[PDB]
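Looking at a structure with ribavirin today.
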Amino acid sequence: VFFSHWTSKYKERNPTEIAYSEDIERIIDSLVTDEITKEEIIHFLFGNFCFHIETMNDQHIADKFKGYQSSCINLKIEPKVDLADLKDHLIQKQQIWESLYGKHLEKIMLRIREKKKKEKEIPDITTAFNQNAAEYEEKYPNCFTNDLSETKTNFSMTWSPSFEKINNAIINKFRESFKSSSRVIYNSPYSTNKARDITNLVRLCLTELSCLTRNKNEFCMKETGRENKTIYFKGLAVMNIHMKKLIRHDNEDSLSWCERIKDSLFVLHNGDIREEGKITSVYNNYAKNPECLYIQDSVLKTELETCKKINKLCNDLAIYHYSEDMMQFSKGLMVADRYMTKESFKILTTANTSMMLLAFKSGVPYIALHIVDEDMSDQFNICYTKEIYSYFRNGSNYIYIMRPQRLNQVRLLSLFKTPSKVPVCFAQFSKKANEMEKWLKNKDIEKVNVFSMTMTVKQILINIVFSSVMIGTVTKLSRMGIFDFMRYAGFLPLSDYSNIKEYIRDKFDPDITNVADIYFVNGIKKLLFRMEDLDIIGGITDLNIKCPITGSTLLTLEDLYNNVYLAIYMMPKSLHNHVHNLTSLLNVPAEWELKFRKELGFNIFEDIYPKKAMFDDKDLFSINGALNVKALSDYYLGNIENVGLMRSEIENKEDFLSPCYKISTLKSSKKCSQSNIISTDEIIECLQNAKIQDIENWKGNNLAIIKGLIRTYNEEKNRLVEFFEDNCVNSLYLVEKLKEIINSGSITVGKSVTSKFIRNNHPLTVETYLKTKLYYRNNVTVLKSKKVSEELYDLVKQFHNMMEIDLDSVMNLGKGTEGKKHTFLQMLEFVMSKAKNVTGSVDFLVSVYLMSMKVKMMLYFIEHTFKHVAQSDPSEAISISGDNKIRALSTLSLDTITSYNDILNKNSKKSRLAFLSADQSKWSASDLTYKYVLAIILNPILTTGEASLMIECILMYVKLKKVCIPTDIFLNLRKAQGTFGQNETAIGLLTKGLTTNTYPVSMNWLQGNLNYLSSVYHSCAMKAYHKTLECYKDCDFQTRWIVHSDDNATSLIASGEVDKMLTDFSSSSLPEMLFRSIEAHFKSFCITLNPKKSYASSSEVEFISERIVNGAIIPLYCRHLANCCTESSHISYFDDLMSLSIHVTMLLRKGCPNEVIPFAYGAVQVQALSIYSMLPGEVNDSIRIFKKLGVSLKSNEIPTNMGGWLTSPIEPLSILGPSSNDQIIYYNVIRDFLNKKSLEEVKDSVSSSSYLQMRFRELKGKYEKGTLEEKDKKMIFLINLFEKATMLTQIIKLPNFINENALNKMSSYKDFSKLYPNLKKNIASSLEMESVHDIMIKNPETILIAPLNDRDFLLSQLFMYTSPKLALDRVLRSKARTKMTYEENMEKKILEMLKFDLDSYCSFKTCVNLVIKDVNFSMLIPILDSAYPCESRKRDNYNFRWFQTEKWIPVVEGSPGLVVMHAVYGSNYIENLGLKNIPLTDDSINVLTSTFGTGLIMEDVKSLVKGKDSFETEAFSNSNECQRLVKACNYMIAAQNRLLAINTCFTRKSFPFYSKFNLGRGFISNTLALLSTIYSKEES
Ligand SMILES: NC(=O)c1ncn([C@@H]2O[C@H](CO)[C@@H](O)[C@H]2O)n1
Ligand SMILES: NC(=O)c1ncn([C@@H]2O[C@H](CO)[C@@H](O)[C@H]2O)n1
């Protein structure tokens, strides 16, 4: 049945003694035990398919039986002759193999009892902390100094004073203040050459060196006095352009000092007088009157007043101005990172009235200068007691100079993210603080101020301000370590943790190097003290305290997790260096591979070797062997049901037996990282044909090769000598030629310039430098990065024997559908036959992970043949239908487990329940890979030959894998070992003294390569754990498991003799024994549990995120909240706004509070405007340009691609998405122009014909009479916008770097430059161009259709070429000429769109149709129009109970089928706006090639000269609007031919080829019920 097709030609091959390697023999020979012998394991493993015999075709059965008989012939075991002997032997095997699980149960019990009596029993957490300090003092002697005057800087490297006086005037004020007599007073850190030197340096730089100026602020010194030069050089010597000092965790003077620091911070912050700015404008637009963001404003008022009060407190406490100053000064420092030298400096001054900094040439060293009045000076001294060198008195003011500080680039970027980080932290902390919220509810907006707060509310505001300041501008690594510790140390309120005290004793790093992190340390210590002191309302009985913000009297448990994980997730990632980060990413496989090699006893030099017969139930790297086979056999028998139907479904859906370019994974523009090296023959021929008479005439690659060999000879002569010896016979001739070239003297040599040699030179120089430097009788390769769409083209050319491209060779074969094609598996076996030949094993090379095309195809085969095996398991959740399925399957697991326990607890003896939420420690490095070949062999889906191919792929992948080091990292490591170390770590042990580029890694299969097979093996291990647990005699067990890669969510319900079973398992609780038994079983199955980020509980489940307790979920919206303010795509403004509006929509879907949404809007808009299109008050705005030109559009009607602001209403944003604002403004303008009231009215008017023509004619008459109106001008502007333009596009697209200078790197362009000569590389051009279009117009399928077969792919790639760290770059690109400017480009563009123009009926009516015809819009808008505000079981509660009722629950009773009021939503992809742009582009390129053909055959094309029929029909199509006429024709024509490529050409030329060949037209969409996955906890 189902026509089982042989999808290979390896039918004669067998898994044993036919493949290249013999490792299967020793794999079988390593599985012999004392009771299972050689013939039994051979019989079971090579004939276990007999259980899958009632759903197999006869050809499949005969092929597998022949494979069994053959494999037993090579494996010297006499096989059985008929199937009956096979079945009898298999029932004997199933009995004796069944007698193993009691032995495994006794083994895991003995392992638990062995692991019990070894670890520790520590009394409490205070003793654990004291012990951890004791071992840290034992490792490093005499730390934890008691003198606080030698710690590090406290207030980061930025110190902002509020200012009272109202850009060169500030610098002149400082210059006139600095001219008084010297009365300086030096300061002690916690109660002096450096202060004197920095005072003299600042005094000189202010008085005498300021007025050779550049860019109005940057100036240097050359013609100065010798005394001034001495002062400047002493200042630069102070600049400098284990010795750690720590403090103990239980200090008290540090607490008192930190309290004084907090009060002085608050009284310093409450002094500002400014009231206008850039950040203030956008945040006040979004939060001062946020009622424009709602539709039903009157039903909630206290939330809006609370948001207004929070914004008023932000305005009062100078939060916006502090964030603005931080952003502008970080931008100025990033600009100051420039080619300016060490003798120049810059004066940074923002709109702050009297704050200055001096920036000099690891980071940027700088000094800050401040003016402080006599009112608040001692509080300034208390604040900055660590960071004040000098101060003096002038008039009624004090002048303060701070210490030099250094900033890195990513640190300046994190300072640049301050206006997005800080105000949302303040808003959510003030929202979550209970007594602050009740005080804000008590007071009215006219009366809130600091002076009328009580002591407690004042203190909690001080703590909130301090926490927000120290969280939003985090720079140093101590806070990173503290927040990582608090991330990993929140597991104490639960039953069993195994990291409550051992984690603190072992892995906690007490790296407290300064003050005011002790506040966070004592906060988390007090929380853990309360937790150890001993739906669910939390804090009403425990009376818990928040860690950062203290925040007493917590209402629910939902706030603690949200605030703590907000502090966790709002931290920057790469505060470590880029080179060090790549070293860390490349170095961990070296450690975890050499550990494996040294433990198993392999040495460095020898081969990988498959089996040392030590893979029998050991601890480090082993499996049980004879148990995994039985577990996989039972898993396959219980999972796979219909082999033939499943195989046919694989071949149909996953597209086996299809051409390779039809695979979407192997077609899209990714990178394959092939190896390409400049040829040694090319190098020696360049050296041979280099002419000494042409020393000045050398240009290009010859000059690059000459400079490379000159540098190689200058650095290392002997290696070049032996390279010439082994690569040329005339080595003396080459040496004397090189000597004559270096004695000519017309070339330039260089010294060791580190990374600059690769930075400012041609790549060929450094490639020939590396190749001539590292010749060690091998071929060192550096991987390039080619596209996969250009390797597939070369592979097809190689497969079809077209090594060199000919124009007639492609055209000979491939006429229509019946031409020559190929399939993916014949391609794959041709690839394997090519790769099995000796080629130096360059095919298997991984560079940081970029795997080759060959390996990509092989893991595509493995992963997509195991994907459908993974799809049939209901307890397995990697094959999900989106992110909804994970949460849905998790909550079905939890509620069915709770239901089964509630059933079981009635009338039973005893019953216990325990959950486990585990993450595995190292899923890739510590794992074994030879356990996977076993899972390949008993696969019943495959036949003989495909399983052998799979085994060949896995064995070659394991045995031949290597990892190559990048060039700059390799050179830096080499020079570091050469000049400092003369030795290296394990990365320099795998590589022979760093004399090799590649180091081998085999048993660590790389992350993400094998995702489905590993999860399948994890689920098999879980089922084997259940089968082991079932063998206990006195108790009844039930286990349920959820499996994702590197994850596990288990639960177990036990009944029976509970006290006896816990005494046997040697633990006091069911979570404790569950943790120990899962650890023992996973250790038996070569899976290493992580003992710190894993816990066993009785009520809480955490799969990947959003932990759920007792059937009720904690929402966890802080991930989206930190994502919106931290992470952005950084490609353009429109795309970043759309991509973060997706995150705003998701945050609205996850149930956030009301007060955070306007601040989130402000955060995304501040980020987008601050990077790309400058926030208002300066150049490159859009509202300023629209106001200057007098454009008819308003401030809130500008589209986002034109620079407009996101002003979508919240419910359409949540339901539709980021395109809803463009759709809404378009629909509003249509309704305003057509003088209609409703969507139904305008649809009924448009649907009747002879209407829009009449409107266009009367609008033309109005334009002729000059009686245009405001709505008419808006209509003309948007009509032109759609004509010259998700619905819309970027319009102004700034071109990237011109890669036409690198198009010679691409093989399709190289083939296009050969069969067509250099006339068309960049009268012969006319006739060649004419030949190109008549061979293009004879084949419309090539340029209209994605490739049906061959002669539709490679010549399409030829013919498509016819006719025409990163944050600093695009913060400077806008302020540059790329030529003209962006602002004048927008000026010229809008001046072009402002005119009426003619022949715009096509764009007008297509805009009208595309806006009106959308089904989701046409159903959503009347529901939003006619929704009653409250009551009738809709609005009852107020605690975030309108972000859940009026959003989406009426939306789902709307689009329909449901009844919920409160649920967390995971939405479908119902809205699609791309059902017309694809045929628009297809018919656009159709008219493009038609117009170019007719313009080539003659000029002035208005009507043709009656050529052929296709030319006549394309003339008729281009006479009118071609797209509009073909849409109007297909409105009633309904041909829909069968696409045989012969009858379509028979029927009619133009219209069938360019209407139906897109497989459809604009048809009606489909609407779903939004897929409410799971409830929230209901409130009423
Ligand atoms: N004139 C130069 O070549 C120059 N100027 C500055 N540096 C760098 O300054 C550091 C030494 O002070 C090294 O990193 C150099 O590369 N080099
Ligand atoms: N980026 C991450 O979130 C990450 N990185 C590593 N790990 C896990 O944490 C362990 C080390 O603590 C590793 O073995 C991984 O399982 N998690």
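By convention here, the first residue in the shown sequence is residue 1. Read the numbers this way: they start at 1 and go in the same order the structure lists the ligands and their atoms. Because only heavy atoms are used, hydrogens play no part in the values below, and waters and symmetry mates are left out as well, while side chains stay in. Per deposition record, electron microscopy, 3.4 Å.
In this structure, the ligands or chains belonging to ribavirin are ligands 1 and 2. Among all chains, the one with more heavy-atom contacts to ribavirin (ligand 2) than any other is, according to the PDB entry, RNA-directed RNA polymerase L.
Heavy-atom contacts of ribavirin (ligand 2) within 4.0 Å involve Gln920, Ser921, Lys922, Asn1090, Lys1093. Under the PDB entry, the species noted for chain A is Orthotospovirus tomatomaculae.
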